[PDB]
Amino acid sequence: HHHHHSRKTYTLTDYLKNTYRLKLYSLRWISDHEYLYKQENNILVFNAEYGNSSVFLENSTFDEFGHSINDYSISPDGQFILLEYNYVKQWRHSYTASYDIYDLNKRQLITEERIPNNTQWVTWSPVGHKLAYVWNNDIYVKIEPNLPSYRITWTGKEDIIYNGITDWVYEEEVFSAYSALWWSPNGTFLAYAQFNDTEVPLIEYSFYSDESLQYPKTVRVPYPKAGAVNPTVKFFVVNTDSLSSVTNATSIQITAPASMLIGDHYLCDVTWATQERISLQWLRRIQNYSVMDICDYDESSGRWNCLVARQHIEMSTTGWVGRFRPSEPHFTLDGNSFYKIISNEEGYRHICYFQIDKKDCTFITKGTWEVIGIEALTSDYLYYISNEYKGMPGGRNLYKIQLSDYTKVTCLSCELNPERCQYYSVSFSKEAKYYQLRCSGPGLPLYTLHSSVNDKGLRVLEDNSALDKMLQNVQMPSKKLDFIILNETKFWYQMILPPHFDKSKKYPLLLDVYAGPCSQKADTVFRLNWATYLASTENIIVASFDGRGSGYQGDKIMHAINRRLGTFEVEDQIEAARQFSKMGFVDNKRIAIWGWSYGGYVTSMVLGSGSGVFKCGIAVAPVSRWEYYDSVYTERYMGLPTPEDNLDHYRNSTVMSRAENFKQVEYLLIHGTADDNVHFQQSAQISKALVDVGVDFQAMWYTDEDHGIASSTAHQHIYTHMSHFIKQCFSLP
Amino acid sequence: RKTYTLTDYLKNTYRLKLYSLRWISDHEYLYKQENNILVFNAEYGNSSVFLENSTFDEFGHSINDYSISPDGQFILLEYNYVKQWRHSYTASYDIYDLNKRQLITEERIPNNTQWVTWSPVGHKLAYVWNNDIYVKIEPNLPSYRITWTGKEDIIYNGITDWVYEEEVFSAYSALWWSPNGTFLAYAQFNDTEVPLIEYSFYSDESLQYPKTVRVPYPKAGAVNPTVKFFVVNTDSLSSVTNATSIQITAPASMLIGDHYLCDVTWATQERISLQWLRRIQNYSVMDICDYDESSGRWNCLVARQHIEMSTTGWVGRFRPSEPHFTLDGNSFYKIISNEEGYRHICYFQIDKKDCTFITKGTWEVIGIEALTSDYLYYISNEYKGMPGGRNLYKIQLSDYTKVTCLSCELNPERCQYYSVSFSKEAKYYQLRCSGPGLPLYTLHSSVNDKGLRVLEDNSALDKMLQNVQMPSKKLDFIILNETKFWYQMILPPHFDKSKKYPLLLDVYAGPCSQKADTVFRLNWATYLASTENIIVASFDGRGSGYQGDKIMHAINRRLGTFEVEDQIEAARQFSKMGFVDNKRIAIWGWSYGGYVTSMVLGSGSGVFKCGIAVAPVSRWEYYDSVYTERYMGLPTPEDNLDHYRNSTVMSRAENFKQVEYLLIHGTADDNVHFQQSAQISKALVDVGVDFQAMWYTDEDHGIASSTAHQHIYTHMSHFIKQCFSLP
Ligand SMILES: *[C@@H]1O[C@H](CO)[C@@H](O[C@@H]2O[C@H](CO)[C@@H](O)[C@H](O)[C@H]2NC(C)=O)[C@H](O)[C@H]1NC(C)=O
Ligand SMILES: Cn1c(=O)cc(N2CCC[C@@H](N)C2)n(Cc2ccccc2C#N)c1=O
Ligand SMILES: Cn1c(=O)cc(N2CCC[C@@H](N)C2)n(Cc2ccccc2C#N)c1=O
């Protein structure tokens with residue numbers, strides 16, 4: 001006699017075997033009215049207005065191909081499909097692959113002049129079917145799919161010269177992409193960055209590979225640690241229409257402004273404005289100063305000209321520029337002005353409207369909230385995501401502002417489903433006539449289609465009802481999203497609360513931490529994760545706290561840890577736990593902390609703080625000292641580890657110096673051996689320091705795993721392993 | 001009423017006193033009385049301060065070690081010691097003139113010297129620096145450069161490369177002076193095509209970017225170093241012309257393929273013996289090479305080659321034994337296995353193939369220790385048929401049936417494990433008894449074999465151990481298939497056989513291993529037995545040594561089979577003993593023992609709850625050629641590839657679901673590469689096995705840093721205690 005009461009919990013196996021699956025609705029806009037979607041491996045084309053679909057491309061087309069196709073890409077004109085196979089992952093975004101081109105009209109594979117194996121990047125022009133690809137660090141262009149390539153660059157050299165692709169740090173920390181190729185709107189010009197790593201030092205580490213490898217391999221990666229010599233960058237633009245088979249291509253260099261060339265600098269943004277106008281943003285190595293160049297194409301010269309009167313300066317007195325880099329501009333059609341997120345006089349990030357020839361911009365939004373991103377720009381409206389609604393920094397809604405009247409702002413997503421939907425992102429059609437809304441929480445994910453004409457809902461794309469159905473009799477956790485006042489400042493936290501939560505009880509608590517610069521761990525997003533299992537099955541509250549340094553709440557909070565990582569952010573996680581225990585439903589004796597990456601650093605710094613608050617903790621791929629980590633991320637917040645700059649705090653903020661204090665806690669330290677991002681080195685130095693003061697701890701290396709510890713088997717193993725560690729620390733049987 | 005704690009073991013609360021002497025002549029030896037160096041008269045037992053503590057107060061450096069020249073005119077002082085591999089290191093050197101009481105300051109031994117050796121008589125000095133050999137006739141005079149080919153990681157003159165150091169000579173030096181020092185013989189190793197093991201070295205926290213260590217290291221079936229052998233006449237060295245080094249080429253039977261130089265032994269002033277081993281180590285040849293005056297060359301008569309081979313295994317225990325030549329060098333004695341497969345002393349004439357065995361029986365000679373004109377002195381395990389006992393015997397050369405046990409009856413209850421140190425001409429010997437009681441060091445005179453005196457009786461420790469509840473040791477055998485197999489147990493204090501104790505099986509089980517013996521040890525096992533009331537057992541199964549080839553060769557070509565099964569069976573036999581908790585049996589080992597532990601835990605026997613593998617081999621292709629191939633042959637389709645593939649711990653990953661595993665490894669292990677454990681962990685992850693792990697940053701095979709040593713044992717103790725439900 002169960003009486004249909006929910007007696008199921010969300011278990012670890014549920015998480016690891018993916019029993020309860022979030023359905024997505026992933027589309028690709030090809031026009032201003034149609035999109036593509038995979039139904040049952042068939043590519044269906046969808047008419048956005050009527051909802052009717054036809055099979056665009058059947059799954060039973062490339063079976064004869066003889067290869068497993070990883071992905072595809074259709075040319076803007078709908079005439080060719082790029083088939084991506086032999087995918088081999090490199091870093092977070094980089095990979096190599098083989099490519100074939102299928103003629104969608106002739107219905108045949110192109111067999112002449114095929115894109116080579118081991119291609120590093122491939123991209124169609126934004127219109128028609130021109131191809132640019134990078135192979136062996138050089139850029140090639142095909143005007144037609146079956147025609148010989150034109151080689152654009154002749155200088156590419158493995159690990160040294162990168163043409164059209166980023167090196168390690170630029171991929172990870174600047175562009176969040178491997179691509180460094182930018183086609184102009186109508187595909188006339190192909191702009192590209194060239195990176196130079198000649199004197200960048202190499203991180204070297206063992207890769208053991210399949211057990212059949214007799215001798216381990218040494219992987220060597222140009223990787224600049226804090227203060228080390230950085231890659232240099234050049235920028236070019238080539239006219240693809242004046243290419244020739246008898247003469248080499250002329251790439252016109254756009255040099256960085258003089259303000260940048262006087263020291264180490266970065267290219268931090270490339271954005272085409274018009275057919276013949278490009279904007280470049282450059283960044284000083286000390287990342288409080290950036291210059292946007294705006295460069296026009298001179299017809300008679302065939303060259304590019306950045307008038308110093310169109311240079312725009314963005315700088316910060318309180319910190320670095322932008323959230324992680326200076327924001328991207330959104331140009332009006334004539335390219336004579338643009339909209340950009342910058343922080344205002346109060347430190348809040350808002351949309352500023354700039355004329356191309358004017359220093360002072362006007363802010364079109366304002367308030368004690370922040371604009372997250374500019375999503376679309378038409379001649380009448382600008383569409384943007386912000387956390388204004390209900391003054392919740394961890395919410396996200398789409399708004400549109402009338403360009404001719406800034407007092408006329410409408411929220412497009414706010415009232416659609418207020419209880420289920422408080423975290424939206426958006427996908428606009430080619431000229432913003434339609435948009436897909438994607439709501440991520442706090443309810444189950446919800447994908448809907450809309451016409452921007454009168455903002456009416458067209459249809460529900462995915463409502464996750466099959467999962468809703470599965471979860472009916474599961475004892476699921478809830479989320480509490482709220483704030484505490486500390487030094488008259490709101491600080492947000494979330495708690496994943498076990499089912500049938502009772503404030504009379506004392507629960508064990510796991511502090512799930514990131515706490516890196518511009519991090520946000522308290523939000524309205526619905527997640528099915530390890531925290532879900534721990535609350536649902538193990539009755540642990542999993543809490544996260546956004547303290548000083550956290551993002552989306554202004555620079556006063558964000559810039560608070562400037563030049564000072566390993567301080568207030570660490571301090572606020574500890575204080576959070578004090579506050580959490582003070583709420584009366586937390587077991588003071590069973591409070592734990594864990595994090596990955598920056599969160600691993602904070603976990604390690606907290607556990608070594610001597611606070612006495614935390615019983616135990618798990619650091620996964622943590623930073624241990626800032627000199628070990630990459631220059632662009634680290635120097636953004638820390639400056640240079642030189643005696644003239646910030647070496648003292650580089651030295652004061654290592655986890656190693658806190659080793660003695662680990663005698664008070666139970667510690668699990670986890671690192672993948674092939675971690676190219678935070679090097680295994682970092683945890684190897686933690687372990688050695690812990691051994692040297694005689695502190696016992698738990699450790700787990702993951703052979704050949706990288707920063708993600710993302711292999712199917714390793715993912716399952718680490719979470720199983722951490723689960724045992726937490727259950728044991730909490731005396732859970 | 002106190003027990004022997006982990007801290008006791010870790011902090012060496014209870015020391016075993018040694019009596020380390022180094023003989024200086026046929027009746028004098030040096031002893032390091034703490035700060036001082038004393039010369040002791042072996043005759044009278046009296047001492048004078050040979051070298052004071054504050055003599056080198058003004059030195060300004062920390063002296064690692066000293067070394068007196070044979071004639072006693074000069075002392076070599078060693079400092080700036082930097083360990084390399086197990087035997088190899090670098091050091092700075094000064095020579096101190098004992099006749100004058102001052103440091104030599106001209107033509108000094110360079111910094112970063114790889115090896116130094118005095119000639120056997122007088123004060124000539126040979127040394128190796130930047131892989132080349134230099135000789136100093138006088139300590140203050142310019143050194144003569146012998147070799148000009150030395151090159152880091154590539155050409156090694158007078159020093160060994162990684163594999164020869166670890167697996168062949170158990171030493172860094174490859175320099176051999178003739179008895180009166182006229183000739184300097186040396187080997188030359190060439191690692192040109194030997195592939196490099198590469199691993200990360202993290203170093204001090206201040207190192208921004210890790211270093212890649214790269215070491216020429218042949219894994220099983222890879223390209224080996226090649227070896228050449230040379231002899232130089234140090235008496236006719238010129239300061240004008242280059243030294244002429246006369247090559248002795250390996251025999252024709254060795255030059256046919258890959259081979260090793262495995263032994264160098266001078267017979268006389270002008271006769272050197274060389275032993276060479278084929279890469280397939282079941283065939284070796286001794287060369288007897290004579291100096292020719294009219295030639296200036298060395299001649300090795302083919303009719304003087306002595307072959308030593310094996311049909312059931314490899315040659316020697318770990319390598320063919322060394323010959324002990326008579327004074328004229330026309331005959332020699334060496335240990336070889338007889339027709340029953342037992343290792344015994346055979347007497348050879350230089351010019352004939354047949355030798356005569358001078359010892360016989362179902363026990364083995366461990367080593368020849370000295371030969372005089374009238375007696376041959378050897379150590380063996382004949383006494384009471386105990387392969388784990390060790391005694392010194394003398395065989396009357398004029399009559400082989402006249403064998404006297406010199407140590408058997410000295411203190412039969414306290415002392416069953418002897419080693420010995422004879423004086424220059426064997427006039428005296430020091431006996432070292434390692435157990436079963438507290439170690440006892442005694443001086444004797446060989447003319448009448450009487451005891452001169454007790455040197456160190458370890459009474460200071462005895463008085464301390466009075467207060468502690470100390471564990472006992474049982475050494476005994478079980479019968480498996482009509483064969484004795486020996487085991488030892490470290491039993492908790494006040495052992496009650498009506499009580500059930502958790503058991504930990506301490507394993508080595510490598511070929512020629514012996515873990516059951518009469519030696520007194522203060523170790524981790526001592527603490528586990530004394531404080532934790534855990535029985536710690538070791539078992540010598542098939543593959544184990546000192547019991548003949550039938551047992552030792554049992555695992556030939558078949559590593560990870562019979563010696564794995566025998567540890568399992570031993571544990572089954574220990575459970576049938578009635579005082580063992582069959583719910584709490586664990587297994588652990590280091591190196592080969594890590595391999596066997598892992599193999600046992602992945603066997604699916606169900607016998608073991610848990611275990612710890614420290615720096616284990618995981619598959620034989622990852623380990624060095626010399627050791628691995630000795631037993632496994634080559635990992636090729638036409639040799640032993642199939643068993644190489646069959647004998648991995650990775651292939652057993654699925655069975656680790658039944659046990660609790662701790663896998664431990666130093667990241668800078670040049671010997672058993674971290675790779676080996678990294679492959680185990682990956683295989684366990686791939687089948688969804690949860691286990692426990694620990695890397696030791698920058699630690700090598702020994703995991704021997706004071707702090708790492710303490711951390712590993714503390715970590716293992718918590719693991720065993722948790723496995724055993726011990727609070
Ligand atoms: C061995 O090493 C030490 C240190 O490198 C040498 O001593 C130094 O010699 C240099 C010569 O350039 C002087 O500048 C220093 O005054 C010396 N410093 C120390 C620490 O003593 C030494 O000379 C080297 N060679 C030998 C054979 O002694
Ligand atoms: C938890 N988390 C994340 O989820 C994502 C992060 N980032 C933020 C910066 C851009 C990328 N490198 C990803 N970071 C920043 C970071 C700090 C220190 C060491 C490693 C990383 C990384 N990847 C991060 O900490
Ligand atoms: C326990 N133990 C020892 O105590 C000594 C060992 N040896 C025996 C052979 C000569 C040296 N390499 C030392 N070996 C052999 C060995 C087998 C497999 C992997 C590593 C080693 C090592 N050092 C050994 O296992």
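Proteins get letters first, then strands, A, B, ... in listed order; numbering begins at 1 in each. Numbering of ligands and ligand atoms starts at 1, following listing order. Side chains included, hydrogens not; waters and symmetry mates left out as well; all remaining heavy atoms used.
- Per PDB records, the drug at ligand 3 is named alogliptin.
- Going by UniProt, the chain with the most contacts to alogliptin (ligand 3) here is Dipeptidyl peptidase 4 soluble form.
- Other chains near alogliptin (ligand 3) (heavy atoms under 4.0 Å), by letter: B.
- In this structure, the UniProt active-site residue of chain B with the shortest heavy-atom distance to alogliptin (ligand 3) (to 1 Å) is B:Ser591, 3 Å.
- Closest to atom 11 (C) of alogliptin (ligand 3) among all protein heavy atoms lies B:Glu166 OE2, 3.2 Å.
- Remark: alogliptin (ligand 3) atoms within the under-4.0 Å shell around heavy atoms of B:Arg86 are 13 (C), 23 (N).
- Proximity annotation for atom 21 (C) of alogliptin (ligand 3): of B:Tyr623, B:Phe318, B:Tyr595, B:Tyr622, B:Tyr623 comes nearest, heavy atoms only.
- Closest to atom 2 (N) of alogliptin (ligand 3) among all protein heavy atoms lies B:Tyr508 CZ, 3.5 Å.
- In the vicinity of B:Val672, heavy-atom distances shorter than 4.0 Å reach the alogliptin (ligand 3) atoms 19 (C), 20 (C).
- If you number the atoms of alogliptin (ligand 3) from 1 as listed, the ones under 4.0 Å from a heavy atom of B:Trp590 come out as 1 (C).
- Shortest contact from atom 10 (C) of alogliptin (ligand 3) to any protein heavy atom: B:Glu167 OE1, 3.5 Å.
- Listed by number with element, the atoms of alogliptin (ligand 3) under 4.0 Å from a non-hydrogen atom of B:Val617 are 18 (C), 19 (C).
- Using a 4.0 Å heavy-atom cut-off, the binding site of alogliptin (ligand 3) is formed by B:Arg86, B:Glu166, B:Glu167, B:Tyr508, B:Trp590, B:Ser591, B:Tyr592, B:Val617, B:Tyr623, B:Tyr627, B:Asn671, B:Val672, B:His701.
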Does alogliptin (ligand 3) have any N/O atom under 3.5 Å from a protein N/O, and what are those pairs and their distances?
{"unit_1": "alogliptin (ligand 3)", "atom_1": "12 (N)", "unit_2": "B:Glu166", "atom_2": "OE2", "d": "2.5"}
{"unit_1": "alogliptin (ligand 3)", "atom_1": "12 (N)", "unit_2": "B:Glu167", "atom_2": "OE1", "d": "3.3"}
{"unit_1": "alogliptin (ligand 3)", "atom_1": "14 (N)", "unit_2": "B:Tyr508", "atom_2": "OH", "d": "3.3"}
{"unit_1": "alogliptin (ligand 3)", "atom_1": "23 (N)", "unit_2": "B:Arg86", "atom_2": "NH2", "d": "3.1"}
{"unit_1": "alogliptin (ligand 3)", "atom_1": "25 (O)", "unit_2": "B:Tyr592", "atom_2": "N", "d": "3.2"}

